[PDB]
Enquirer: 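Below is one structure. I have some questions about it.
All chains are named by letter (A, B, ...) in the order of the sequence lines, taking the proteins before the strands, and each is independently numbered beginning at 1. When a ligand or atom number is given, it counts from 1 through the structure's own listing order. Atom set for the values below is all heavy atoms of this structure, side chains included, hydrogens, waters and symmetry mates excluded.
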Protein chains: 2
Amino acid sequence: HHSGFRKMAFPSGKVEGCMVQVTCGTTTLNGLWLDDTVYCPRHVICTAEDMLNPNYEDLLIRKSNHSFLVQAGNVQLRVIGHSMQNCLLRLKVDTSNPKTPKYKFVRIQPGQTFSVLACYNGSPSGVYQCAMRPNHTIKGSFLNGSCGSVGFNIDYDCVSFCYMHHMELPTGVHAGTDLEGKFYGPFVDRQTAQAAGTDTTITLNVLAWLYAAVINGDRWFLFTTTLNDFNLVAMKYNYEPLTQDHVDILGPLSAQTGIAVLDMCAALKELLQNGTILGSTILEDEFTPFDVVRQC
Amino acid sequence: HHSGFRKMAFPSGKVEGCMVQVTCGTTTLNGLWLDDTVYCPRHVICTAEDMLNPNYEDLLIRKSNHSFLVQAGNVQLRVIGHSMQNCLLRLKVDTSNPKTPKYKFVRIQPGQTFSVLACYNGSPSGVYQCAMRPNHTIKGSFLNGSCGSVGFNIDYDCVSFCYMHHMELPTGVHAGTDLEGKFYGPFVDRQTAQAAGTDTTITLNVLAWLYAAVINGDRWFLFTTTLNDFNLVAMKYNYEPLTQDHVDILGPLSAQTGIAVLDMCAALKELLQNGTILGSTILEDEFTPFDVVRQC
Ligand SMILES: *[C@H](O)[C@H](C[C@@H]1CCNC1=O)NC(=O)[C@H](CC(C)C)NC(=O)OCc1ccccc1
Ligand SMILES: *[C@H](O)[C@H](C[C@@H]1CCNC1=O)NC(=O)[C@H](CC(C)C)NC(=O)OCc1ccccc1
């Protein structure tokens, strides 16, 4: 039986109206236009050679308002102020964006998911769903020219911006900032080898997703266990330890299925100790309990 | 190494501006508002009992322009004409949609992909990527209230609408129409058991996707073969036979990788005859050669 449960992004239209192209010299990336401010990654001011070890304060002294070409489709927005805000530039412009949605800036926590609007040369290209990893990377789909693309959640009428894209690490995963310009994790916007912590599997999301498999009809993977025994297993297999807070979070899903959280933990325990579910021959950890519900 | 290759939907903003809510009696679903026309599934005129065996011509005689409540956010659009167009209603309205994009209607072929904007009560909820299956179903994510949600591709400024959602089959997969109201496949909009052909795997897309794995660094699955020998294998494993047209289609990918199409076919042959690649412990067949390229 085809469940239809799958990764789904939020509708992107509210964010598409906010994307501009920002060029400084021969570097081009994307900017986010909200009211009369355009935010973009500060390494737009870098040349090729600068990115290996940039002195951002120094590179910026050589720039002026007129150094930044901001393009919203056909129009050119006039820059009337520029300043560095952590790893972003804040470019003040003469025109407030009439398509500015209701919005807020949010610093998401590891394990939380969001939608990415991937953009190139200021033009949206595609949308997909991502998670903030325990080691503060995200496993995105980003190519050259994608910096300044943003991640977001929508709640009713309101866009909560949580991510702006800056860089790719040697393992192919991605690092970036919140919209206050502050990197997630220990990363810095320099093109030198940087290592992410080893990456833990998001237990809370695996559990929620194993619930979805049960809500969709699957159950071949269902013994019980205790919190401390499961956490002993989790430490062995690079899963995050479970807390009572997470148990409470899973409450609703546990009711609908009439399956005990700790019974699900015992199923997960066997799977880890032994070795398909909703298709994947592995355990999906980028669905939150929220996502599993919204989608049912 | 994390490739980042993944299913990506088109940005949905152009389509979001076209979605309305259509209610007739106690049945509510989604409509598509383009210029001064609203399209929706004709089973909006059905009650519960009607859907088991509907006489649509007869149910419609009992309706009038004022039977259809069309809601675009706050506004109510006045219906000034209604007619049946195959399995859709065409509802003429007094107001041309100012957010109508450049668009066309396209009947897609099996193997082609498109984005779905899933909607409920006229409000977009999420976006994801789907394929038209060889047996003319799609493996969607649709719940009650989702009918009238549409599938689409975007090429530059232009939306090509290819799907409107009508129904779920007993296996959990989905059936619907193009925007001229014509079902894909042999299905009809009646809630009785209907069987889809057995579903073939889309060889052309599997090959393209095995190319992506090579473009992303993977190669553990790479002997050669001939077209007729591979097609002998394909028939055994419920894969579509390969043609020279498909070989030509794969030309570009074959160049970039410097790997012969038929060499890839030999890799696929072993995998089928023997038994991970870009993550999946199985072979993804809902990426077209187009998608693999656009994303590189
Ligand atoms: C901004 O568009 C760009 C996005 C990178 C390029 C390829 N994939 C991405 O996610 N960011 C950078 O190029 C970044 C700039 C520094 C000042 C931080 N450097 C970087 O990501 O280096 C690693 C890398 C570059 C090119 C291909 C693969 C990895
Ligand atoms: C329209 O929103 C609705 C969408 C179905 C409901 C659940 N998942 C879907 O994709 N379409 C129908 O309810 C359809 C109407 C007939 C006149 C064709 N009937 C239908 O799909 O029956 C099968 C079914 C119903 C409910 C749950 C699962 C399967």
Enquirer: Give the PDB name of the drug at ligand 1.
Expert: GC376 (bound form)
Enquirer: What's the chief chain around GC376 (bound form, ligand 1) in this model, going by the PDB entry?
Expert: Replicase polyprotein 1a
Enquirer: Find all other chains that place a heavy atom under 4.0 Å from GC376 (bound form, ligand 1).
Expert: A
Enquirer: Quick one: what's the binding site of GC376 (bound form, ligand 1) if I count heavy atoms under 4.0 Å?
Expert: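 Heavy-atom contacts: A:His43, A:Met51, A:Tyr56, A:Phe142, A:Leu143, A:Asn144, A:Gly145, A:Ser146, A:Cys147, A:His165, A:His166, A:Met167, A:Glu168, A:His174, A:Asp189, A:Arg190, A:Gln191.
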Enquirer: What is the closest protein heavy atom to atom 25 (C) of GC376 (bound form, ligand 1), and at what distance does it sit?
Expert: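 In this structure, atom 25 (C) of GC376 (bound form, ligand 1) has A:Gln191 OE1, 4.6 Å as its nearest protein heavy atom.
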Enquirer: Could you check atom 24 (C) of GC376 (bound form, ligand 1) against the protein and tell me its nearest heavy-atom contact, residue, atom and distance included?
Expert: A:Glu168 O, 4.1 Å
Enquirer: Please list the nearest protein heavy atom to atom 12 (C) of GC376 (bound form, ligand 1) with its residue and the distance rounded to 0.1 Å.
Expert: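 Result for atom 12 (C) of GC376 (bound form, ligand 1): A:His166 O, 3.7 Å.
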Enquirer: Which organism did the depositors list for chain A in the deposit?
Expert: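 For chain A, the PDB records Human SARS coronavirus.
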Enquirer: Does the N or O separation between A:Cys147 and GC376 (bound form, ligand 1) drop below 3.5 Å for any pair?
Expert: yes
Enquirer: Please give the covalent link of GC376 (bound form, ligand 1), as residue and atom, or none.
Expert: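 Covalent partner: A:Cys147 SG.
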Enquirer: N/O of A:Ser146 under 3.5 Å from N/O of GC376 (bound form, ligand 1), yes or no?
Expert: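 Indeed, backbone or side chain, A:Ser146 has an N or O that close.
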Enquirer: Report the UniProt domain in chain A that accounts for most contacts with GC376 (bound form, ligand 1).
Expert: Peptidase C30
Enquirer: Note the single closest protein heavy atom to atom 10 (O) of GC376 (bound form, ligand 1), along with its residue, its atom name and the distance in Å.
Expert: A:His165 NE2, 2.8 Å
Enquirer: Which residue in chain A annotated by UniProt as active site is closest in heavy-atom terms to GC376 (bound form, ligand 1), and at how many Å (rounded)?
Expert: A:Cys147, 2 Å
